[PDB]
S.K.: 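Questions regarding the structure given below will be posed in turn.
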Amino acid sequence: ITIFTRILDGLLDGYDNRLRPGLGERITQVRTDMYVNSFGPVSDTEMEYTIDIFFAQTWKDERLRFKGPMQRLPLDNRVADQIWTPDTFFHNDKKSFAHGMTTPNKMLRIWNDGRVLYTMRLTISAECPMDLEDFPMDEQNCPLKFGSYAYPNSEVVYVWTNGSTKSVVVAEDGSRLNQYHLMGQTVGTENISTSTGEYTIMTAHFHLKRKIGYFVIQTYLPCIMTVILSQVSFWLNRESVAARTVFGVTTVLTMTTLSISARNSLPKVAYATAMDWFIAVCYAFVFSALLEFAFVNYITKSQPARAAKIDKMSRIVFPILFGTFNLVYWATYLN
Amino acid sequence: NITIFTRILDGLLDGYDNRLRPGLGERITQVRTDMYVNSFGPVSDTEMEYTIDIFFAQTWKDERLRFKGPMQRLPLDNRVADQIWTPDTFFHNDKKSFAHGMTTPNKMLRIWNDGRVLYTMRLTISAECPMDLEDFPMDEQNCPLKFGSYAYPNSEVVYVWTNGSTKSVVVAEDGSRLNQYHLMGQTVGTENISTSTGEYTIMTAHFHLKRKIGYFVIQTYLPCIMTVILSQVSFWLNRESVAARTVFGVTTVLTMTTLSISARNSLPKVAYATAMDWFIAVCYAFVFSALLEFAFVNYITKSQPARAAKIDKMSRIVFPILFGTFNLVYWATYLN
Amino acid sequence: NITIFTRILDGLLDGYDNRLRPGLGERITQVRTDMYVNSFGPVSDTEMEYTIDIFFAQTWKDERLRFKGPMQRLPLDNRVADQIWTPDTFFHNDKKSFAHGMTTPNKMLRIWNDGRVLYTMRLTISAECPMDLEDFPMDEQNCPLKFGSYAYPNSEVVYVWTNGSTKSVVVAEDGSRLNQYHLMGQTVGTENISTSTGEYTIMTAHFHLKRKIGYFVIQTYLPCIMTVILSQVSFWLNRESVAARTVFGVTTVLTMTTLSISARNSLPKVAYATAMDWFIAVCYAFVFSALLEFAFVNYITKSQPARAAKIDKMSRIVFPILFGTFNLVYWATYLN
Amino acid sequence: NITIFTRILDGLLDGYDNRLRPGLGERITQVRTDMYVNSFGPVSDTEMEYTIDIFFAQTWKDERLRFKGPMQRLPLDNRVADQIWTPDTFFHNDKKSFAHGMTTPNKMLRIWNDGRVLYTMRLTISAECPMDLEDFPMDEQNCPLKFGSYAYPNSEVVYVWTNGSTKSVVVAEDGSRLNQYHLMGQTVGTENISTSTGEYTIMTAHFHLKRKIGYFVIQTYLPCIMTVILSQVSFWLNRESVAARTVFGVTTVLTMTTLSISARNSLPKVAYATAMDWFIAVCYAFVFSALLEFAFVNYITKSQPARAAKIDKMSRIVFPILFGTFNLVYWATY
Amino acid sequence: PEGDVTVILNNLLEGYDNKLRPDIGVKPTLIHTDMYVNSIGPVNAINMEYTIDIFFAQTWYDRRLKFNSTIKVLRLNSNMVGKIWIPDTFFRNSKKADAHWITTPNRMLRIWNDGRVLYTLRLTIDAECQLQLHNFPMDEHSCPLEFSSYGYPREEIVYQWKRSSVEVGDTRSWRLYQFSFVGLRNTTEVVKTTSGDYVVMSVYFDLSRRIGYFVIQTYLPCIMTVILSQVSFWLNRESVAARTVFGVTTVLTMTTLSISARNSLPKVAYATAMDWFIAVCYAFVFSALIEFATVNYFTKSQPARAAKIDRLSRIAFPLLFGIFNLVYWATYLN
Ligand SMILES: CCCCCCCCCCO[C@@H]1O[C@H](CO)[C@@H](O[C@H]2O[C@H](CO)[C@@H](O)[C@H](O)[C@H]2O)[C@H](O)[C@H]1O
Ligand SMILES: CCCCCCCCCCO[C@@H]1O[C@H](CO)[C@@H](O[C@H]2O[C@H](CO)[C@@H](O)[C@H](O)[C@H]2O)[C@H](O)[C@H]1O
Ligand SMILES: CCCCCCCCCCO[C@@H]1O[C@H](CO)[C@@H](O[C@H]2O[C@H](CO)[C@@H](O)[C@H](O)[C@H]2O)[C@H](O)[C@H]1O
Ligand SMILES: CCCCCCCCCCO[C@@H]1O[C@H](CO)[C@@H](O[C@H]2O[C@H](CO)[C@@H](O)[C@H](O)[C@H]2O)[C@H](O)[C@H]1O
Ligand SMILES: CC(C)(C)OC(=O)c1ncn2c1[C@@H]1CCCN1C(=O)c1c(Br)cccc1-2
Ligand SMILES: CC(C)(C)OC(=O)c1ncn2c1[C@@H]1CCCN1C(=O)c1c(Br)cccc1-2
Ligand SMILES: CC(C)(C)OC(=O)c1ncn2c1[C@@H]1CCCN1C(=O)c1c(Br)cccc1-2
Ligand SMILES: CC(C)(C)OC(=O)c1ncn2c1[C@@H]1CCCN1C(=O)c1c(Br)cccc1-2
Ligand SMILES: CC(C)(C)OC(=O)c1ncn2c1[C@@H]1CCCN1C(=O)c1c(Br)cccc1-2
Ligand SMILES: *[C@@H]1O[C@H](CO)[C@@H](O)[C@H](O)[C@H]1NC(C)=O
Ligand SMILES: *[C@@H]1O[C@H](CO)[C@@H](O)[C@H](O)[C@H]1NC(C)=O
Ligand SMILES: *[C@@H]1O[C@H](CO)[C@@H](O)[C@H](O)[C@H]1NC(C)=O
Ligand SMILES: *[C@@H]1O[C@H](CO)[C@@H](O)[C@H](O)[C@H]1NC(C)=O
Ligand SMILES: *[C@@H]1O[C@H](CO)[C@@H](O)[C@H](O)[C@H]1NC(C)=O
């Protein structure tokens, strides 16, 4: 134990953590790996998502070289503050924090070679802009851009470990989402010239497909059961004017209320979604049904044969014209 | 006396390197851990998480802390905890957590002559509780609390539960009450996991819960059951009162629609049906069927008044039984 | 003058070890505590908690801070509180709390020639207040506030309340006002609890409160009472107006249904019925009964017009009286 | 060598008083400022505020930092930023803000031989954006971002934009992220204001916005337009169908009432009517008038059946035209 | 200049005691306070509080900070506030108080040759203000902001204002939708307690509510619903279902409308001026239904009364509501 205390003091004695390793001589290469402990709740309304990861970085620091009986140096966060570490920052980060209980969740391991292994646990909320045209049969891709803030590529460079495959791992238990399937992950790296230098930002893309089950129960079934209800009016006689009216007047507003209700939970986007269109025609079908009764009742006294006919015909054309719409609707957006 | 203890502390910390765990290169640091749940915090189904207020204790041996003195132990504050080495235990499934700090950090350090350390602290932790809601609201859910070291694998630090004389996990009787759940029990566990940074030993604390049906009986089930019988009152009216019969069906059919959406708005946006959803689904079928009954009755009341009237009399007894028969099987199915 | 106090402070802190409690190995540090509630924070029924903004004072004697000087006290800032030893008092039932910091930390340190220290601070604390809501909205609740040392059992540190002159618990008339509750009064207590880490002396401050019924009279009771009276207006119509009579019942039963769910959403998800729940239940029975009354009358109006018509004439007087008598017994029961 | 830079830093910070601005008693400290909006955050109409994620850069010259060395610029971390003097710039209209901290504080310090300092940092800022919603939801809003020093007036510190006004503020094309607003453009400005603590130079960056009407077309206008059309279907029924005609009027008047409260709940509780309110107001008049029309015809249907019938056949053409013309005038106006 | 000032500061901090107030045992330090309100944030009657953004200042004399030099003032930043003595000023009715840390701690420290110190910091405060919203939404309130020393009673510390006691900023930036800033007054006093007799300093802000929102959100839909219920008078009793819908649905909406109105407001036990308006409107509607039931119970047998009731209701019911509206508004209008 006493031997290692002197090793640490010898490495940190006269060690300036304010300067990156290789300043003015070599670029600091940082191989990075990532393990997603859990994929956090995705907020469509806020166009963001949360993620809890173990973010590891390894670089070579010659000032930390040493010869001893051990092969490395398992240490705590205590030493991480005393040495130099990369100033990595997540570009598209909204709000994030490093877990601190029981102690700062950090790990420092130093090798005789001088290579440093520096991993930490982070929960990050980042922006994930979405296009919701195909909602709720939609797929989304959420990025995670990160890189150095003060050191361009001429001084610090990032690269993925093990190659672009298996560089990023995700715990199967932690990718829990109520509304999305986590299809897969793809990594990337690109240099970008900025007015403060050309930095190398590395990205981790998370592709997602939305689950239709929830909206089937909350929106689609309530709408489909309301359109068929409006069509029951056709099976009544024009003599029951009030009854026929109650059917139409109520089902059109039920359809209106379902629209506003179904949209309140979604982001206030200024364009229609696949759910909106479905609701739109369902409103047309119910409104058409009520308009059908208004027509028969207006001509039932002058053209009772035509008015009566139009009732018998509506009992078959409306369901087919709606049933055929669902066939094309669900086939188009699920293809 | 006070000056004597000042010298004891100085002797232990003189040349003490808290950056190194006890037994580096000599012995693996074994950390026996105990836990006391001061309160089991609110469970958030929508957020799939739960809160918990615990006293988390860890005890290990540090040779450098050997002292000889009049007193056997050393009741101290958090001030010394920062000066000595302590395990870097962390809760894997943690969402967000913090250690209470008022008035001072809620921490306790006790050192015995042997060198054994007792290190306990107060923690409020929000952790993930993945839930399966197929049998909701008559389901049982288990919320884990897996924890272990972050920088020291099993080859350097090992965790173990308190073997005897202290129940490994304790729950305060004052704190365990929950508005929506019964806290059935707790089960502990220990497991090794091979990772690219070593094989760590995570210790688990499972908290098992079964949901309370009282709230949903009154908020969803009774409103649904009272709405289905309302739709059946239509049978006690004459076919001549088409508008009246219509008001019954259209109104109860939409009431059932509203109850569905309302009951699901408060719940997590899961993409699968629950036992409550099915219950609502059939209750919607019964009310829609009742309206469908009048629509059929009203269509043949002029051509077959004997049949139209006859089915209104049997519908008055078949519908309640056919709904009552569903409740008998439904409540027996999920409540046994 | 100023330089004199600077040297006094330096002499007291010179060689002072704040890691050790005063009297370690000779005497237990007794901590006399007083409390002044600057404001009683909002009470959250849903979260089963309450907030409170208090001035929390602790006074003990430190043999090491004895000094002789001109003035008898030492008005100092918070800067010195960190340099000396202070008790590690913590609130057991605390959920989340914080110490006010603007403009400077709300803390005060006063040292006397004797060595006695006065250490007071301003704290806003949210603590658990478990409630039994059987008598809701006519319920009385008692919210505790347990606190004590975390690292020092009774063998090392003990807490005690102040004498009567310095009232143990005071509550500012400016702060106790609550929109939904009356703060009846406060009672203090002290008790030892044997724990696996020692026998600690926890001191409790209980705050008793009864809910204000005004809000629920306007939001739930009147809408329910007016909806049952509305349903009974159906009796004043003729059976010939079948659709009209139906509109009364069908609408009022759902009006009562909606009033339930609306009144049911804002309250904590408790799995048991409250005094309000039963009230809503009876109003639903009276409204549903009114609609069922017409269904029976309309069913026998063709065969027994004398019986059907007469029961409509008595329903006008039995329903209001039978409901008025229900309200009389209801409101009398839960008010006493 | 690394050791060479270690001595350079110590020599500069040795005896360095960061409590004093550079050029104290000789020259006013000029601070050239640049800004890059990494993302334009959500605008909260209810809260009359907006969020923004920027890289806020400030550059000044400090003679005390003049150094001679191998490399002519010194790429450094935040560690040194606290040890030297930096401007105390503050955003006047700031509500609540914070500097990103992961993995390390998002800050950058670069020093040159001349003594010129470059100090940039990443900030997420929530600031006040007072709005006038008379033309809501067809409205344009401008959100400011006033900033300047807190303790140094113009006599001690002065701010100026980089390379003139042009290109001082940039916005990432990926970062222009608003669901409900278009980010038209940005214009900068500078002004001195005399205050009881001195004459400070505040610098402002205005962000102009035009609201997107698409969301409200679906949530408010169409429900209103289709509900008035629903109410007018009543004219095509006979006065004999009193209950039916009543059901139309009774229902559409309350539907229109409900839509107002619903549409109004999401908006700021402003004490003046918006373009949406008026639109809803007339749609309520159109539906209520239709119900009143039936009450009139049904009141005279027995006494003047020719007139009662006349007003029905007349409502079928005058009501739609008067509403269609209103939308023509309404939508054409804005 | 720079070197001189550096030595003046070092020579004033060597033997200085932050932990000791000036005039300790000699006299009571006088603190001349001033305040500039940047904005008045949202009022939250639910928790009986309100937000406020201010530049708060304290100016005391400290003997230990006397320096002889040619310069007049030492314009410095916040880095010196922690290395000198600062009053323990705290706010007695604040629920929470926050400072501003972007870009630097939003504080300034100015020192004169005389020993006078100017210390002002930016603050945002959530102060508790109990509201007697009985005349709501026609209610008038005044809300305080108390602050005193936490540990130095009257003998040790004392406060007093300037003639610039308070200074308000641009009122348009202020996010006060339902209220309008009118008044601002200051008060000094000494409150006695167990720990001592502290001199407390309060500043009241006077706010008068606006009806615009509630007029559109509540009063109008209430006024139109009672009217709709009275259109039922212009229909025949033959169409029983028609006029039954009129009454049943209108009592339904006036009910829902009341709950919708109170939901967004604090849960006060007593009744407000609006609750009364909503209550009597419910009576006007409920009274219209029972009127039809009475007329219906008489129509079949005795069409004498059943006919003249509607004739009089069409005059009284509308005219009795308008007189009530005049009584209501004029009672609170002035
Ligand atoms: C014919 C016209 C009828 C008049 C218009 C009717 C207006 C009332 C519609 C209510 O619909 C609900 O509104 C909630 C609040 O907007 C939504 O809550 C959901 O979404 C909200 C916003 O994202 C969240 O605040 C909630 O927690 C979440 O449950 C919910 O999904 C939606 O069904
Ligand atoms: C007939 C055709 C039209 C369909 C029906 C339209 C109306 C929709 C019903 C709304 O019902 C409410 O929805 C809230 C959410 O929107 C729920 O809030 C609950 O759940 C929310 C989200 O979980 C929380 O934010 C709330 O605090 C909590 O009270 C609440 O329980 C539920 O009664
Ligand atoms: C004429 C008969 C009587 C009618 C009385 C009114 C009937 C009920 C209308 C409710 O309308 C909803 O209210 C929500 C709550 O106010 C709004 O939520 C929206 O706005 C809220 C406030 O900004 C947010 O809290 C929510 O998250 C957001 O979804 C939502 O848009 C709106 O449609
Ligand atoms: C037939 C019997 C009666 C049945 C009544 C059922 C419907 C209840 C009416 C709901 O009205 C809405 O309630 C919201 C609360 O649920 C309010 O939200 C407002 O106030 C809430 C609490 O202050 C906030 O949470 C919201 O963001 C804010 O929009 C909103 O203004 C109000 O219009
Ligand atoms: C994958 C990567 C190198 C970026 O990860 C770490 O470097 C890291 N950092 C911390 N930990 C790890 C390892 C690696 C595999 C996942 N993993 C863990 O989950 C874990 C565990 Br089970 C217990 C204690 C520490 C860690
Ligand atoms: C059980 C366990 C070892 C895991 O617990 C602690 O080590 C611990 N840590 C803190 N405290 C305790 C004891 C132990 C029993 C519960 N208990 C307390 O509740 C308590 C009390 Br009443 C007052 C002061 C300190 C504590
Ligand atoms: C009673 C106790 C020792 C527990 O007293 C405090 O803890 C305390 N701490 C600070 N202050 C107080 C006293 C106590 C009585 C009311 N009171 C105050 O409210 C107050 C006031 Br008005 C101004 C300045 C300081 C204080
Ligand atoms: C434009 C301005 C001077 C106000 O900006 C900076 O001074 C700054 N500060 C930090 N960074 C930058 C550059 C400039 C362009 C945007 N930009 C970045 O996005 C970036 C990146 Br990709 C990686 C590392 C650092 C930065
Ligand atoms: C007069 C008073 C003591 C109440 O003064 C402050 O409290 C204060 N403290 C800081 N600042 C101010 C002055 C006051 C007038 C407006 N005003 C400012 O807004 C401001 C500005 Br524009 C820039 C830099 C500092 C300040
Ligand atoms: C970006 O810079 C790195 C480091 O010089 C280099 O390896 C890489 O090839 C460059 N571009 C791309 C597209 O990889
Ligand atoms: C973990 O590894 C250690 C060391 O081999 C062993 O003693 C222990 O039994 C293992 N635990 C499990 C759960 O496999
Ligand atoms: C608490 O401890 C003291 C000292 O041992 C004892 O006198 C007192 O009776 C104890 N109180 C309780 C409730 O046990
Ligand atoms: C400062 O000025 C006063 C008044 O002239 C004088 O008494 C004192 O000696 C001077 N101090 C110094 C350091 O010059
Ligand atoms: C209060 O404010 C007024 C107006 O500025 C001022 O004249 C008066 O002196 C102030 N009074 C106090 C006690 O601050």
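Here is how names work: the chains are called A, B, and so on, in the same order as the sequence lines, proteins then strands, and each is numbered from 1. Note that ligands are numbered from 1 as they come in the structure, with each ligand's atoms numbered from 1 the same way.
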S.K.: So, counting contacts under 4.5 Å, which chain has the most with ligand 6? Name it the way the PDB entry does.
M.R.: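 Per the PDB entry, the chief partner is Gamma-aminobutyric acid receptor subunit alpha-5.
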S.K.: Can you point out which of clinafloxacin, stanozolol, bretazenil, indometacin is the drug at ligand 6?
M.R.: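 The one found there is bretazenil.
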S.K.: Going by heavy atoms only, which other chains approach bretazenil (ligand 6) to less than 4.0 Å?
M.R.: B, C
S.K.: What makes up the binding site of bretazenil (ligand 6) if contacts are defined by heavy atoms under 4.0 Å?
M.R.: B:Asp34, B:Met35, B:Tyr36, B:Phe55, B:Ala57, B:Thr120, C:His92, C:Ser149, C:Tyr150, C:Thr195, C:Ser196, C:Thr197, C:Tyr200
S.K.: With only distance considered, is C:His92 within less than 3.5 Å of bretazenil (ligand 6) through an N or O on each side?
M.R.: no
S.K.: State which organism the PDB entry lists for chain C.
M.R.: Homo sapiens
S.K.: Note the single closest protein heavy atom to atom 9 (N) of bretazenil (ligand 6), along with its residue, its atom name and the distance in Å.
M.R.: B:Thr120 OG1, 3.1 Å
S.K.: Among all protein non-hydrogen atoms, which one is nearest to atom 7 (O) of bretazenil (ligand 6), and what is the separation to 0.1 Å?
M.R.: C:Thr197 CG2, 3.1 Å
S.K.: Which membrane-spanning segments of chain C, as UniProt numbers them from the N terminus, have a non-hydrogen atom closer than 4.0 Å to bretazenil (ligand 6)?
M.R.: none
S.K.: To the nearest 0.1 Å, how far is atom 25 (C) of bretazenil (ligand 6) from its closest protein heavy atom, and which atom is that?
M.R.: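 Residue, atom and distance for the closest contact: C:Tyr150 O, 3.3 Å.
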S.K.: Nearest protein heavy-atom contact for atom 14 (C) of bretazenil (ligand 6): which residue, which atom, what distance?
M.R.: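 Scanning the protein heavy atoms, the shortest distance from atom 14 (C) of bretazenil (ligand 6) goes to C:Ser196 OG, 3.3 Å.
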S.K.: What are the atoms of bretazenil (ligand 6), with element, lying closer than 4.0 Å to any heavy atom of C:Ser149?
M.R.: 24 (C)
S.K.: What lies under 4.0 Å from bretazenil (ligand 6), among the other ligands and ions?
M.R.: none
S.K.: Identify the protein heavy atom lying closest to atom 19 (O) of bretazenil (ligand 6), giving its residue, its atom name and the separation to 0.1 Å.
M.R.: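 The answer is B:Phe55 CE1, 3.1 Å.
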S.K.: Pull out every atom of bretazenil (ligand 6) sitting under 4.0 Å from any heavy atom of B:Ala57, numbered as shown with elements.
M.R.: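 Answer for bretazenil (ligand 6): 3 (C), 4 (C), 7 (O).
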